[PDB]
**Q** 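Lab note: structure loaded, ligand of interest is meropenem (bound form).
As listed: the chains are lettered in turn, A, B, ..., one for each sequence line. Residues 24-265, in that order, are what chain A shows, numbered as in the PDB entry. The residues of chain B that appear here are 24-265 by the PDB entry count, in order. As a basis for the values below, the full set of heavy atoms in this structure was taken, side chains included, without hydrogen atoms, waters or symmetry mates. Counting starts at 1 for both ligands and their atoms, following the listed order.
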There are 2 protein chains.
Amino acid sequence: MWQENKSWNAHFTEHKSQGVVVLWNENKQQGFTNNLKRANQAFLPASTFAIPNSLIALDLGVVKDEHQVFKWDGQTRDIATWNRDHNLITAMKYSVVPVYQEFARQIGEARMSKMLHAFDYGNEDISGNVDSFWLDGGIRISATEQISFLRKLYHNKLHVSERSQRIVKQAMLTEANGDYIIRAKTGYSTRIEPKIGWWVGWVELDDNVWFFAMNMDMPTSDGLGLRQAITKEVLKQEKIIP
Amino acid sequence: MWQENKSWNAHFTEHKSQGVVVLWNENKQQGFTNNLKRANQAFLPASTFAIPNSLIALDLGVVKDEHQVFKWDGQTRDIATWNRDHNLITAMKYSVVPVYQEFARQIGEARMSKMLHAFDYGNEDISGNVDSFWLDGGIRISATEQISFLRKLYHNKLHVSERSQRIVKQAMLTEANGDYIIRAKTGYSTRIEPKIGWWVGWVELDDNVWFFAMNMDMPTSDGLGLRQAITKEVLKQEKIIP
Ligand SMILES: *C(=O)[C@@H]([C@@H]1NC(C(=O)O)=C(S[C@@H]2CN[C@H](C(=O)N(C)C)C2)[C@@H]1C)[C@@H](C)O
Ligand SMILES: *C(=O)[C@@H]([C@@H]1NC(C(=O)O)=C(S[C@@H]2CN[C@H](C(=O)N(C)C)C2)[C@@H]1C)[C@@H](C)O
Ligand SMILES: [Cl-]
Ligand SMILES: [Cl-]
Ligand SMILES: [Cl-]
Ligand SMILES: [Cl-]
Ligand SMILES: [Zn+2]
């Protein structure tokens, strides 16, 4: 069911990094990770919460479709890509928290809490601000729990409309070529130690789907690109992508 | 509305090719092409008919979803990738005609004809075999008419279910990265002269969509890569993609 491949640790060490990568082979129903312990340690989701947030906002009508413009509120913020108008697609690409904070406010505590339990998402705890608990509140999720959640979304098995799940998987589109499609979401948790980076999603092949969930210590922002780089090095090592 | 930029002809001549590239800027409602007349010249759609064929097959229940497997019929054909099982996604990726011919037969002449008129697709003429009319029958469509049809598909404004249009646009996914998304379908018409290549689809940017339809004379198969190459060289020249 679960095998620990410690050879993947070389990909972390070669970049002076530490963390965990979790892969799940959907065809054979087998999981693989370099660190079974960290694979099951729960962290703040941070921007990876964009996925369940978007599904709920769509299903409840808070967002009509992927085209609806979310106008800038005027306030100029630290990340330049947030200082512009956005829709559901671009909000996910640039992890525009103000947009998702508005999503959560209109959803409300009671509906957020019920939906996350319906999703079986993480520790299902929204303690803190209804609109920042995924950044500095009580919600925690592990890499293996991210896989379980992503597998339901892939199969349209989440307790929301099929349309909601199709739209969010469209927004998750990150890379595509003749060899594979990657649908994924990055995360960068800074408000509580340990500071970590996330990359969760899956790789679509012609005849299989490989889900992945990785997190790594991120004491500084210069190594953010290692989230994708280390994951792809493991994918390349396992001959899942060329 | 329309503007002719004859400088793009260099991209055809430098490859000893002739053809047309038609671009449509969705935000500005403006069109650009190297050849206004050939932009309106109608040809057999060939494999680009996979788009309306898939929409109809989905809307009528011929195809249940993008996962339904269509078993290889055992008949060994010249294109190896056709000699395997396929779903709606890999059927479009590998242009598997036998799959689409099975689609057409189950749709029927009467429903095929009614839907192409509802789609306002080309000259709406299905004369010939119900399972080969887009290959060697009477249907004809121009590059500008392809854009007209694709614009309706993008906006979910075709006379089919929204789910049907979302699934087909997922199957059209051809390339994606941090700069753009290309949803498109290639074509290669070899049954009736003149032999031509097609590439129709659109480029998704953060804040705009650039629809494109190109076709070119294809006397020899070694030029098939020029369908994408010439299109991307024009896209680069217009600073649409890096
Ligand atoms: C979500 O976790 C946070 C935001 N998400 C990300 C991320 O997933 O990378 C960032 S960092 C952002 C991405 N690249 C930008 C950059 O370095 N430059 C443009 C120079 C910054 C956000 C912090 C959310 C909690 O804020
Ligand atoms: C459709 O027009 C025909 C098929 N479509 C294509 C095509 O769009 O390329 C081919 S060629 C085949 C599939 N893609 C491969 C390719 O482009 N190269 C590797 C060069 C090989 C078919 C002929 C249909 C009517 O047969
Ligand atoms: Cl933040
Ligand atoms: Cl699992
Ligand atoms: Cl998609
Ligand atoms: Cl053929
Ligand atoms: Zn060239």
**Q** Do you know where to find meropenem (bound form) in this model, all copies counted?
**A** ligands 1 and 2
**Q** Write down the macromolecule with more contacts to meropenem (bound form, ligand 1) than any other chain, named per UniProt.
**A** Beta-lactamase OXA-48
**Q** Tell me which other chains have a heavy atom under 4.0 Å from meropenem (bound form, ligand 1).
**A** A
**Q** Strictly inside 4.0 angstrom of atom 19 (C) of meropenem (bound form, ligand 1), do you find any protein heavy atom?
**A** no
**Q** For A:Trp105, take its heavy atoms, then give the atoms of meropenem (bound form, ligand 1) lying under 4.0 Å from any of them.
**A** 26 (O)
**Q** What are the atoms of meropenem (bound form, ligand 1), with element, lying closer than 4.0 Å to any heavy atom of A:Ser70?
**A** 1 (C), 2 (O), 3 (C), 4 (C), 5 (N), 24 (C), 25 (C)
**Q** Between A:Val120 and meropenem (bound form, ligand 1), find which residue part has any heavy-atom pair under 4.0 Å and reply side chain, backbone, both or neither.
**A** side chain
**Q** Help me out - nearest UniProt active-site residue of chain A to meropenem (bound form, ligand 1), and the heavy-atom distance to 1 Å?
**A** A:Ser70, 1 Å
**Q** Considering only heavy atoms of A:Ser118, which atoms of meropenem (bound form, ligand 1) have at least one such atom less than 4.0 Å away?
**A** 4 (C), 5 (N), 8 (O)
**Q** Under 4.0 Å from atom 16 (C) of meropenem (bound form, ligand 1), is there any protein heavy atom?
**A** no
**Q** Test of understanding: given a 4.0 Å heavy-atom threshold, classify the contact between A:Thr213 and meropenem (bound form, ligand 1) as side chain, backbone, both, or neither.
**A** neither
**Q** Is it the side chain (CB and beyond), the backbone, both or neither of A:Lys116 that lies under 4.0 Å from meropenem (bound form, ligand 1), heavy atoms counted?
**A** neither
**Q** Within the protein, is there a heavy atom lying under 4.0 Å from atom 25 (C) of meropenem (bound form, ligand 1)?
**A** yes
**Q** Counting both backbone and side chain atoms, is some N or O of A:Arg250 under 3.5 Å from an N or O of meropenem (bound form, ligand 1)?
**A** yes
**Q** For atom 8 (O) of meropenem (bound form, ligand 1), state whether the nearest protein heavy atom is under 4.0 Å away.
**A** yes
**Q** Below a 4.0 angstrom heavy-atom separation, can you tell me which part of A:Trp157, side chain or backbone, both or neither, approaches meropenem (bound form, ligand 1)?
**A** neither
**Q** With respect to A:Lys208, determine whether any N or O atom, backbone or side chain, lies less than 3.5 Å from an N or O atom of meropenem (bound form, ligand 1).
**A** no
**Q** Has meropenem (bound form, ligand 1) got any nitrogen or oxygen that is less than 3.5 angstrom from a nitrogen or oxygen of A:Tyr211?
**A** yes
**Q** Please give the covalent link of meropenem (bound form, ligand 1), as residue and atom, or none.
**A** A:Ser70 OG
**Q** Quick check on contacts: which atoms of meropenem (bound form, ligand 1) are under 4.0 angstrom from a heavy atom of A:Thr209?
**A** 7 (C), 8 (O), 9 (O)
**Q** Should you measure from each heavy atom of A:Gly210, which atoms of meropenem (bound form, ligand 1) turn up under 4.0 Å away?
**A** 2 (O), 8 (O)
**Q** Any chance you could list the binding-site residues for meropenem (bound form, ligand 1)? Cut-off is 4.0 Å, heavy atoms.
**A** A:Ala69, A:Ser70, A:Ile102, A:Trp105, A:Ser118, A:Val120, A:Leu158, A:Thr209, A:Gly210, A:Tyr211, A:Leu247, A:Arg250
